[PDB]
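Model: Peptidoglycan D,D-transpeptidase FtsI / ligand ceftobiprole (bound form).
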Amino acid sequence: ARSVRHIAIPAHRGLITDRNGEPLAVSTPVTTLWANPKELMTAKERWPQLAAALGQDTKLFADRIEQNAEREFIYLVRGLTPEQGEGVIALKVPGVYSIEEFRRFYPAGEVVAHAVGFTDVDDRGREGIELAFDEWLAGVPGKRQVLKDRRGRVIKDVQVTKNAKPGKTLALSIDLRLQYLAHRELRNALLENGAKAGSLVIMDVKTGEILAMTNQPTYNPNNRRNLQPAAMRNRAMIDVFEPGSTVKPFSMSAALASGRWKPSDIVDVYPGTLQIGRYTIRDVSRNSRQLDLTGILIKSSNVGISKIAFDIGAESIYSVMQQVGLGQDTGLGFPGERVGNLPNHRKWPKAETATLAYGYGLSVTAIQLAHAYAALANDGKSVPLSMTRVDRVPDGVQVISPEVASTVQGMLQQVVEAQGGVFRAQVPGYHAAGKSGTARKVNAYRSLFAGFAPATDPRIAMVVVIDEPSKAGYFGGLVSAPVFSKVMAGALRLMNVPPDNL
Ligand SMILES: *C(=O)[C@@H](NC(=O)/C(=N\O)c1nsc(N)n1)[C@@H]1NC(C(=O)O)=C(CC2=CCN([C@@H]3CCNC3)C2=O)CS1
Ligand SMILES: [Cl-]
Ligand SMILES: [Cl-]
C-alpha cells in the first residue's frame, strides 16, 4: 500500500590532480533520466512522444515498459546536459524524472590514461590509480528515509539519517608537463623507428617520485568503445622483459665493490666469443682483444662482463641486483603490477653466472629498471617508489656504496660522451649518463636505454623501451637513445635544473 524506506545519497568522488594541482580526473555533474514503470503504465498514450524524444523505436520502448510493469526503476538515458535532461521533462510524462549524477571526465585523455585508469558506469574505480586508491577517492554515501506510495513514488522525504561525505583529493607524483612531453616523444619515436609499442618512465632520484609514465599504444578513457585489451595495458608496470645490457652497470658495481677491479683494469675478450660447455657467449662487435672496464660498457661486450663475473662470483652480482630492486616487489600496489624474476642459486654455475651479468634470463618491469637507475644516480641510495606527491621524503636505503656509485656514474657518462659511445643520448647543455640494451624475444627485438642526468649532480632517471623497431642492421644507439636525449632535455628545462655542460 505504502512503505517508509531508507535510500542512498551518492558521494562526490575525489579529484585526482597531477603534482602541481592540474586536474586529471574530475567528477562532473551530468543529467540522467529514469522512470517508474508502474506510473508509466497509467499513461500509455504518452509513450510514443517519450520514445521519439529518446530516439527509440516506439514498439521496442513499449515492450521494455510492458515487461517491467511491476518494477519501480529503470534508466532511460544517462549523461545528458541540463538543457537536454529538462527537454524531456517539459513533456511532463507521468513517472519520468531527471537527476544530476556524478561521472568522471579525464581532461588529459590518452596522455595519462594508463596511470590514472578509470571508473565504471557506477562511478567506482575499475583500473589504474582510480582502482588502487578507490577507498580514498570514493568517500561514503549518505542515507535518507523516504515514504513511497503504492507505485514506489516518493511522496515524502521524512528525514536524513546520514549525510554523504565527499572523497578526498589525490595529488599524483606525475608532472603533467613532463607527461605530455614523454607522451609526444614516445609516440613520434615509434613512428620514426616503425615500432609496435613502447614505454617511458621518468623518476625523481631524490624523492622516489614517478614524474612520468607513458606507453604506446594508448586509449581515450573518455570514449571507451571498440577498445582493444592491448591498448589498455600499463606496460611500464604490467609487462615484463629481459633487461639485457642495461643491468651491466650493476655487475660493474659488484666488481668495483669486490676490491679486485678498478675502471682502468683490462679484460681480454678476443675473439669476441666464449664457450661455456654447450653455450657460446657472443659479442655484437668482435674485433677486440684488451678492453678496459669502461670500454666493455661502451662496446657492450658480453664476453668482458662474463669474465669479470667469473672472477668476482655471481653471488655479489645477484645481491646488487636484488638490493636495487630488479625482480623485486615495488610496493606500489598498482593493479596487475608484475614483480618479474631475478633467478637465484644456492651454488651458481658458470653459464648462469655469465648470463646474469649481461641480463639474459632475467625478467623486470620498466618501473623496476628506472628505480634501479635512480638508486645508482642517487649516489647508491634507494628511495622508495611513489605514485603520489611526496612532501616528506622517506629515508632511503644505502644499497651501493657512494664511492662505487660515483665511479659507475662516471663510467656511464663516458658511455654517452666518449669516443665510440652512445653519442645520440647526449643532452644539449648537460652531461648525461646511461647504458643501451638490445634484447632478443623468444628477428624480433626490444631496444632499451636507461640513464640519468645531470651526470655530475643527478636529478632525473629515465628508461625508454621500444618494442620491435623495424631497423635491419645494428640499432647502434639510434633507436631508444635519441628519445632519452629529447625527453631528458625537456624534463631538465621544465624543472629548472642548472646546465652542467656550459
Ligand atoms: C645487451 O643488451 C647485449 N645484448 C644481448 O646480448 C641480447 N641480444 O643481442 C640479449 N640480451 S638478453 C636477451 N634476451 N637478448 C649487447 N648490447 C647490444 C647493444 O648495445 O645494443 C647489442 C646490439 C644488438 C643486438 C642486435 N642488434 C640489431 C637488432 C636488429 N638487428 C641487429 C643490435 O644492435 C647486442 S650485445
Ligand atoms: Cl664483428
Ligand atoms: Cl638505441
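Residue numbers start at 1 and run along the sequence shown. Counting starts at 1 for both ligands and their atoms, following the listed order. Recorded method for this deposit: X-ray crystallography, 1.8 Å.
- Ceftobiprole (bound form), all copies counted: located at ligand 1.
- Using a 4.0 Å heavy-atom cut-off, the binding site of ceftobiprole (bound form) is formed by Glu242, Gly244, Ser245, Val284, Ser300, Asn302, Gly359, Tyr360, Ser436, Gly437, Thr438, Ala439, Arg440, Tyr445, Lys471, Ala472, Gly473, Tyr474, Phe475.
- Looking only at heavy atoms of the protein, atom 25 (C) of ceftobiprole (bound form) is closest to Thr438 CG2, 3.6 Å.
- Below 3.5 Å of separation, one finds no N or O of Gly476 facing any N or O of ceftobiprole (bound form).
- Considering backbone and side-chain N/O of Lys435, none are found under 3.5 Å from N/O of ceftobiprole (bound form).
- When hydrogens are left out, the protein atom nearest atom 6 (O) of ceftobiprole (bound form) is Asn302 ND2, 2.8 Å; that is the closest non-hydrogen contact.
- Taking a cut-off of under 4.0 Å to the non-hydrogen atoms of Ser245, the atoms of ceftobiprole (bound form) that pass are 1 (C), 2 (O), 3 (C), 4 (N), 16 (C), 17 (N).
- Note: an N/O pair closer than 3.5 Å links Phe475 and ceftobiprole (bound form) by distance alone.
- Residue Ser436 has at least one heavy-atom neighbour below 4.0 Å for each of these atoms of ceftobiprole (bound form): 20 (O).
- Residue contacts with ceftobiprole (bound form): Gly473 is placed with a nitrogen or oxygen under 3.5 Å of a nitrogen or oxygen of the ligand (distance criterion only).
- Taking every heavy atom of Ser300 and a limit of under 4.0 angstrom, the matching atoms of ceftobiprole (bound form) come to 16 (C), 17 (N), 20 (O).
- Looking at atom 15 (N) of ceftobiprole (bound form), its nearest protein heavy atom turns out to be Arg440 N, 3.0 Å.
- What the model shows is a covalent bond from ceftobiprole (bound form) to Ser245 OG.
- The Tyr445 neighbourhood of ceftobiprole (bound form) comprises atoms 26 (C), 29 (C), 30 (C), with distances under 4.0 Å to a heavy atom of that residue.
- Every atom of ceftobiprole (bound form) with a heavy atom of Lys471 under 4.0 Å away is listed here by number and element: 30 (C).
- For atom 36 (S) of ceftobiprole (bound form), the closest non-hydrogen atom on the protein side is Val284 CB, 3.8 Å.
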If you look at each N/O of ceftobiprole (bound form), which protein N/O atoms lie under 3.5 Å away, and at what distance?
from: ceftobiprole (bound form); atom 1: 2 (O); to: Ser245; atom 2: N; distance (Å): 2.9
from: ceftobiprole (bound form); atom 1: 2 (O); to: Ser245; atom 2: OG; distance (Å): 2.1
from: ceftobiprole (bound form); atom 1: 2 (O); to: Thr438; atom 2: N; distance (Å): 3.1
from: ceftobiprole (bound form); atom 1: 2 (O); to: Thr438; atom 2: O; distance (Å): 3.3
from: ceftobiprole (bound form); atom 1: 4 (N); to: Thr438; atom 2: O; distance (Å): 2.9
from: ceftobiprole (bound form); atom 1: 6 (O); to: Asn302; atom 2: ND2; distance (Å): 2.8
from: ceftobiprole (bound form); atom 1: 8 (N); to: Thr438; atom 2: O; distance (Å): 3.4
from: ceftobiprole (bound form); atom 1: 14 (N); to: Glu242; atom 2: OE1; distance (Å): 2.7
from: ceftobiprole (bound form); atom 1: 14 (N); to: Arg440; atom 2: O; distance (Å): 3.1
from: ceftobiprole (bound form); atom 1: 15 (N); to: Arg440; atom 2: N; distance (Å): 3.0
from: ceftobiprole (bound form); atom 1: 17 (N); to: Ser245; atom 2: OG; distance (Å): 3.1
from: ceftobiprole (bound form); atom 1: 17 (N); to: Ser300; atom 2: OG; distance (Å): 3.2
from: ceftobiprole (bound form); atom 1: 20 (O); to: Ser436; atom 2: OG; distance (Å): 3.4
from: ceftobiprole (bound form); atom 1: 21 (O); to: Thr438; atom 2: OG1; distance (Å): 2.5
from: ceftobiprole (bound form); atom 1: 31 (N); to: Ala472; atom 2: O; distance (Å): 3.1
from: ceftobiprole (bound form); atom 1: 31 (N); to: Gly473; atom 2: O; distance (Å): 3.0
from: ceftobiprole (bound form); atom 1: 34 (O); to: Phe475; atom 2: N; distance (Å): 3.0

